[PDB]
S.K.: 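Model shown: 16S Ribosomal RNA + paromomycin.
Quick note on labels: first sequence line is chain A, next is B, and so on, each numbered from 1. Heavy-atom basis, side chains included; hydrogens, waters and symmetry copies ignored. Excerpt of entry shown; contacts counted in excerpt. Whatever order the structure lists them in is the order used to number ligands and atoms, beginning at 1.
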Amino acid sequence: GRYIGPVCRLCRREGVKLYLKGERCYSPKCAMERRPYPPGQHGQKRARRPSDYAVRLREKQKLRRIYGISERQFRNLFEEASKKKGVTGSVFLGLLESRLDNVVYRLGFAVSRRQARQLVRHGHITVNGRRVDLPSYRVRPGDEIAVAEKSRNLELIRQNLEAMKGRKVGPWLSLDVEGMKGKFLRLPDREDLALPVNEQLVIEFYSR
Amino acid sequence: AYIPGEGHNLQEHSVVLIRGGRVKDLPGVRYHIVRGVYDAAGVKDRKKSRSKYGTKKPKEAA
Amino acid sequence: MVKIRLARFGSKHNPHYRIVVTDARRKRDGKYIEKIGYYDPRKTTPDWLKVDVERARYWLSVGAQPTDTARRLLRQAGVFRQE
Amino acid sequence: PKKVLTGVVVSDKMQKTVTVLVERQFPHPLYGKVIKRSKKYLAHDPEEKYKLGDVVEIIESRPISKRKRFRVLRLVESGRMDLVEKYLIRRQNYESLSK
Amino acid sequence: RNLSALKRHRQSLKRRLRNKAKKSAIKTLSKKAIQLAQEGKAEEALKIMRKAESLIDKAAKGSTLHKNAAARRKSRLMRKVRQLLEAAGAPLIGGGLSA
RNA sequence: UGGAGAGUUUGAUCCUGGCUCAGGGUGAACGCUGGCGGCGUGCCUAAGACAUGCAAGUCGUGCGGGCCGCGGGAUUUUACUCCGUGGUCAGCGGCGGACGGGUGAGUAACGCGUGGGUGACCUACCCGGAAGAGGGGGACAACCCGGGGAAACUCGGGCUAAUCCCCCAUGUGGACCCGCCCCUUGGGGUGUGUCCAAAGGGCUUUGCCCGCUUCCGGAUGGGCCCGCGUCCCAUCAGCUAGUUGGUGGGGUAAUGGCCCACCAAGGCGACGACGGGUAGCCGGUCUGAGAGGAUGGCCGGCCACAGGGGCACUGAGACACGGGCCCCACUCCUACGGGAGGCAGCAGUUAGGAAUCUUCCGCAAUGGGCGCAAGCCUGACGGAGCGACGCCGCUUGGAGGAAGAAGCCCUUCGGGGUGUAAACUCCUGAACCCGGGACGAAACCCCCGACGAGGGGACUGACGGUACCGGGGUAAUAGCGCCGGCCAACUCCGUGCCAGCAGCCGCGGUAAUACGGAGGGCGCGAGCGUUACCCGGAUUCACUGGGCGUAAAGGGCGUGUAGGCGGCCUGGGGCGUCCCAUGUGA
Ligand SMILES: NC[C@@H]1O[C@H](O[C@H]2[C@@H](O)[C@H](O[C@@H]3[C@@H](O)[C@H](N)C[C@H](N)[C@H]3O[C@H]3O[C@H](CO)[C@@H](O)[C@H](O)[C@H]3N)O[C@@H]2CO)[C@H](N)[C@@H](O)[C@@H]1O
Ligand SMILES: NC[C@@H]1O[C@H](O[C@H]2[C@@H](O)[C@H](O[C@@H]3[C@@H](O)[C@H](N)C[C@H](N)[C@H]3O[C@H]3O[C@H](CO)[C@@H](O)[C@H](O)[C@H]3N)O[C@@H]2CO)[C@H](N)[C@@H](O)[C@@H]1O
Ligand SMILES: NC[C@@H]1O[C@H](O[C@H]2[C@@H](O)[C@H](O[C@@H]3[C@@H](O)[C@H](N)C[C@H](N)[C@H]3O[C@H]3O[C@H](CO)[C@@H](O)[C@H](O)[C@H]3N)O[C@@H]2CO)[C@H](N)[C@@H](O)[C@@H]1O
Ligand SMILES: [Mg+2]
Ligand SMILES: [Mg+2]
Ligand SMILES: [Mg+2]
Ligand SMILES: [Mg+2]
Ligand SMILES: [Mg+2]
Ligand SMILES: [Mg+2]
Ligand SMILES: [Mg+2]
Ligand SMILES: [Mg+2]
Ligand SMILES: [Mg+2]
Ligand SMILES: [Mg+2]
Ligand SMILES: [Mg+2]
Ligand SMILES: [Mg+2]
Ligand SMILES: [Mg+2]
Ligand SMILES: [Mg+2]
Ligand SMILES: [Mg+2]
Ligand SMILES: [Mg+2]
Ligand SMILES: [Mg+2]
Ligand SMILES: [Mg+2]
Ligand SMILES: [Mg+2]
Ligand SMILES: [Mg+2]
Ligand SMILES: [Mg+2]
Ligand SMILES: [Mg+2]
Ligand SMILES: [Mg+2]
Ligand SMILES: [Mg+2]
Ligand SMILES: [Mg+2]
Ligand SMILES: [Mg+2]
Ligand SMILES: [Mg+2]
Ligand SMILES: [Mg+2]
Ligand SMILES: [Mg+2]
Ligand SMILES: [Mg+2]
Ligand SMILES: [Mg+2]
Ligand SMILES: [Mg+2]
Ligand SMILES: [Mg+2]
Ligand SMILES: [Mg+2]
Ligand SMILES: [Mg+2]
Ligand SMILES: [Mg+2]
Ligand SMILES: [Mg+2]
Ligand SMILES: [Mg+2]
Ligand SMILES: [Mg+2]
Ligand SMILES: [Mg+2]
Ligand SMILES: [Mg+2]
Ligand SMILES: [Mg+2]
Ligand SMILES: [Mg+2]
Ligand SMILES: [Mg+2]
């Protein structure tokens with residue numbers, strides 16, 4: 001099963017602020033606004049010039065840890081993107097962003113990918129009316145991602161759909177906020193996302 | 001064959017599994033005994049790399 | 001004696017046959033002579049049976065006994081329906 | 001098509017049979033260089049008509065003896081005792097490879 | 001331990017026996033015919049040949065001799081007879097041979 | 001849409017060069033650990049030996065009986081005997097047992113692959129087309145009577161039916177010899193002569209249903225032959241006497257030295273014969289930028305085998321896994337004379353081994369055999385069981401939550417770490433409980449129509465009370481490896497060339513990031529490591545793509561055989577080469 005364990009703790013280590021808690025990893029602390037250095041006894045000591053490997057490792061750990069996905073599943077996605085037509089960097093990100101668990105979070109229904117995961121798992125989500133409890137499910141374009149009518153009354157869905165009052169959603173998505181349902185209009189270009197990650201390093205990491 | 005580990009329990013009729021893995025400082029020693037199998041008991045008091053040495057999980061803080 | 005019969009493809013709890021012409025003597029899932037159609041008994045998809053009837057007609061024309069159920073599928077695709 | 005080959009009669013010692021040496025050439029599968037290779041065929045000559053030196057065609061045939069599966073289709077041109085020399089020398093070299 | 005279609009065994013032995021005899025007849029009569037033709041023989045060489053032809057075509061009706069094993073035997077036989085006859089005089093009682 | 005390199009020879013350097021590692025793979029095994037599901041997969045060894053059950057039969061619409069019953073008659077004397085009908089048993093006869101299932105022992109071979117050839121052939125069942133079935137006769141089991149053997153079985157005698165066997169006829173046709181045409185390997189046609197057919201059964205009974213005969217055609221499946229391809233050793237160089245060819249026979253469905261008589265003296269070999277080694281081949285699989293290398297396990301295709309060696313019978317088809325004969329070895333029975341057996345079918349047991357499953361459910365589906373049909377058989381098969389053995393999917397929570405509890409660890413004594421991690425607050429609700437509940441199954445069959453087309457009708461589920469849907473509902477598993485460099489991850493203690501680590505370089509001799517433990521960290525996660533094996537890196541057998549002055553490597557030098565290679569101009573052929581179209585590449 002997916003990671004399960006301390007989080008705004010690679011918010012640390014990986015240098016950059018990763019958004020794995022959503023509400024707090026967002027507000028005087030991803031723990032990161034207090035301690036911007038690696039975890040552990042050595043965290044605050046002159047970091048050593050990183051090896052080409054270290055670098056490429058880190059960048060891929062970053063990207064992976066962001067989406068909360070496991071190495072085996074991440075890897076197969078990468079290999080899938082590699083076979084496919086077109087810039088194999090973006091494509092991967094295309095696929096990574098097509099995971100229902102993510103879309104749901106991109107759509108505001110959840111505040112975290114991790115929390116989005118639980119929503120999808122416990123039946124609270126529905127693709128094209130039919131419901132779907134697989135975090136890995138590939139959302140294709142055209143697909144309507146609703147919330148489960150039965151699940152609507154829940155405090156949690158309410159808050160998140162209410163705090164989406166004002167909010168704006170990525171160019172590849174749309175969102176009827178009242179009907180608690182969004183849409184997947186097309187797959188995101190690299191430019192559509194602002195990820196702290198140079199995928200050129202990731203492709204590179206999977207080359208040896 | 002080499003008997004790896006902290007210390008052992010092997011005597012003259014012992015019956016053991018061999019695995020291959022030379023020792024290099026000992027000439028003509030091209031195999032290791034596998035600990036935890038047949039009459040080679042696994043290494044007691046081993047907290048770390050326990051699965052080589054073949055010693056089950058200890059149970060005080062676990 | 002050559003036969004129009006079904007050959008099992010698909011998978012466990014997922015039957016999908018091939019209407020196929022083959023020698024009687026051949027193992028059920030082995031080399032056949034011609035696939036002349038396919039049939040999905042659980043109609044999971046709108047197109048669950050198809051048969052090249054020109055070809056069926058040909059094989060009957062050369063003396064090929066269908067399975068009873070091979071011919072039910074053939075009947076249905078108007079293999080013997082006439083005039 | 002019954003296979004038709006062409007080569008050179010290099011023996012008529014047998015009754016109603018000729019031996020025919022037949023060259024075939026082709027790229028080497030790895031090294032690409034075109035290489036020659038050859039093989040003798042025993043061919044049926046019911047009228048002991050063909051003799052040493054003749055270029056004949058040879059045609060795939062219903063069996064006539066053990067290892068006789070070809071008949072002599074036609075003469076292509078006579079003479080070629082040069083090619084027969086080629087074969088005969090290659091043959092006597094063999095005795096100079098023993099112990 | 002008692003597989004009841006070792007009935008097939010029983011049958012085989014009876015059919016064997018039946019074929020075995022049919023063939024012995026064909027042999028001894030053919031031999032008889034060719035033998036007669038050695039001494040240039042009127043009716044009787046053919047008369048016998050004629051019987052034997054029947055006995056063959058007959059055997060081929062069933063499993064005995066099926067086919068053209070039949071045709072083969074007739075062929076070998078009424079060739080042999082006609083040849084051995086023309087060593088010596090005319091094909092008298094016209095019997096079984098095309099004029 | 002495809003190509004990463006590093007460590008290690010020195011005081012240092014460049015080059016050569018080996019070794020080692022990082023990557024992918026697995027029918028695995030071993031260690032530690034282990035929650036769920038779906039789909040796959042599972043004796044690599046002893047082609048060892050096997051208890052027990054099950055695995056090929058079916059047809060009464062081919063035939064005649066026996067045995068156990070019941071009913072009605074000829075009979076009014078109870079003896080004899082006719083008919084009908086219910087079980088049941090085998091026998092005769094047919095069709096099936098040559099497929100389906102198993103295995104890889106042998107095989108380096110037209111075995112296999114691929115493309116051709118058959119004027120050199122066969123093909124039961126099936127489909128099309130043409131024509132027939134008219135007399136007559138016979139036997140053998142069943143059953144009855146006797147004999148031998150301990151049993152396995154077996155000998156003798158007597159009756160009997162058929163779709164069993166035979167004779168005569170009819171000959172649409174076909175076969176053979178001779179001849180003649182056409183055609184060209186034995187392909188068509190034709191003329192005398194000769195020779196060859198058949199079986200009956202059922203009826204809701206004068207007209208249908210199942211069959212039978214001969215012939216031609218199709219379809220399927222096969223046999224034979226040929227070109228090319230198919231591993232290692234030349235420290236195997238010469239091999240051959242059915243050998244090589246011929247004439248004539250035999251044998252086959254058919255070609256052929258396949259076999260035999262006789263004749264000739266031939267055949268093969270460095271382009272590797274002969275010999276030895278090893279191996280089922282292939283479609284594929286793994287690897288690799290590719291070229292290539294390795295491989296042939298699952299699934300499909302072909303071969304070969306059925307305790308070891310031979311052999312033939314029957315048959316369309318076998319030289320026949322669950323048929324027969326003989327020899328050999330092993331096990332069991334034995335009244336010592338004689339017998340019985342063959343899981344490389346499904347399970348299963350035992351032995352070997354590091355290691356590989358249930359003596360399960362079901363014929364409901366698909367397929368197969370026999371049957372007019374109903375059906376019967378089917379360990380083929382469809383399912384379930386067991387093993388993280390593999391692949392994929394999912395869980396062990398989610399959001400808040402301190403300048404930050406305790407414990408444990410560092411510390412320059414100020415402070416730092418584990419760490420939002422926990423505790424705690426809301427929120428969801430794997431497991432588990434309640435309810436509904438499958439698809440897979442429409443045919444065979446019956447009725448209308450005509451037994452055809454078409455229409456109507458009824459039955460049928462092993463998996464399974466499973467999947468899936470609905471209601472309720474508990475915060476509810478984490479491990480393994482690594483942290484000197486290659487390589488991502490550092491400190492305190494312990495230890496003192498010991499105990500130990502170790503893939504290679506090398507660590508350990510009192511301050512060890514290398515040993516053991518702790519804290520902390522890195523990496524993967526129901527797994528993680530180990531060992532073993534293949535490809536990779538290895539351009540380290542170099543075709544792509546290497547080298548030989550001193551690193552390994554120019555033969556001591558010549559002569560010259562086979563072979564390889566070949567100046568300039570013109571013409572012909574078009575074998576290589578290039579192009580188009582087409583068949584094939586399941
Ligand atoms: N009994 C265990 C072993 O069986 C072995 O023999 C085995 C083999 O002969 C054969 O097993 C085959 C195997 O050959 C071949 N590679 C195919 C498959 N792997 C196995 O399959 C066999 O066993 C599996 C279960 O293990 C069965 O499911 C399968 O149906 C059966 N054929 O059948 C036997 C097991 O069925 C050895 N005799 C011996 O080591 C020991 O008997
Ligand atoms: N028409 C040609 C074919 O000949 C083959 O047989 C030939 C080949 O098997 C063999 O010759 C080949 C040779 O051509 C090729 N250039 C070299 C190859 N090593 C040889 O192979 C030979 O040796 C190898 C290795 O020892 C073995 O497999 C076997 O004994 C033999 N095939 O000997 C025969 C003549 O070369 C096929 N088996 C057969 O299918 C077909 O007749
Ligand atoms: N090694 C030196 C000598 O090589 C000589 O022969 C070789 C040399 O004359 C010459 O090889 C040349 C080399 O001279 C010069 N240094 C340049 C060139 N790279 C080489 O060339 C060779 O190698 C390249 C690949 O590297 C190939 O592509 C090429 O076809 C091949 N000729 O061509 C021959 C190819 O090997 C002689 N064998 C002997 O004197 C000695 O071995
Ligand atoms: Mg820190
Ligand atoms: Mg029978
Ligand atoms: Mg040196
Ligand atoms: Mg040094
Ligand atoms: Mg090196
Ligand atoms: Mg399973
Ligand atoms: Mg009976
Ligand atoms: Mg088989
Ligand atoms: Mg099987
Ligand atoms: Mg050999
Ligand atoms: Mg044919
Ligand atoms: Mg009669
Ligand atoms: Mg008698
Ligand atoms: Mg008859
Ligand atoms: Mg006529
Ligand atoms: Mg007659
Ligand atoms: Mg002959
Ligand atoms: Mg072998
Ligand atoms: Mg390479
Ligand atoms: Mg191979
Ligand atoms: Mg045998
Ligand atoms: Mg026969
Ligand atoms: Mg055989
Ligand atoms: Mg058996
Ligand atoms: Mg054991
Ligand atoms: Mg069935
Ligand atoms: Mg059936
Ligand atoms: Mg939390
Ligand atoms: Mg609740
Ligand atoms: Mg490092
Ligand atoms: Mg260690
Ligand atoms: Mg110390
Ligand atoms: Mg270390
Ligand atoms: Mg340590
Ligand atoms: Mg998983
Ligand atoms: Mg290489
Ligand atoms: Mg080169
Ligand atoms: Mg070199
Ligand atoms: Mg030198
Ligand atoms: Mg010199
Ligand atoms: Mg010279
Ligand atoms: Mg020369
Ligand atoms: Mg030139
Ligand atoms: Mg050309």
S.K.: Which ligands or chains belong to paromomycin?
M.R.: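 All copies: ligands 1, 2 and 3.
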S.K.: What chains, other than any belonging to the drug, come within less than 4.0 Å of paromomycin (ligand 1), counting only non-hydrogen atoms?
M.R.: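 Heavy atoms from other chains: F.
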S.K.: Which residues from other chains neighbour paromomycin (ligand 1) at a non-hydrogen distance under 4.0 Å?
M.R.: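 Non-hydrogen contacts come from F:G27, F:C43, F:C44, F:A46, F:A47, F:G48, F:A49, F:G102, F:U103, F:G104, F:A344, F:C346, F:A347, F:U349, F:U350, F:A351, F:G352, F:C357.
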S.K.: Considering only distances below 4.0 Å, what other ligands or ions surround paromomycin (ligand 1)?
M.R.: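 That comes to none.
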S.K.: Going by the PDB entry, what is the biological origin of RNA chain F?
M.R.: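 By the entry, the source is Thermus thermophilus.
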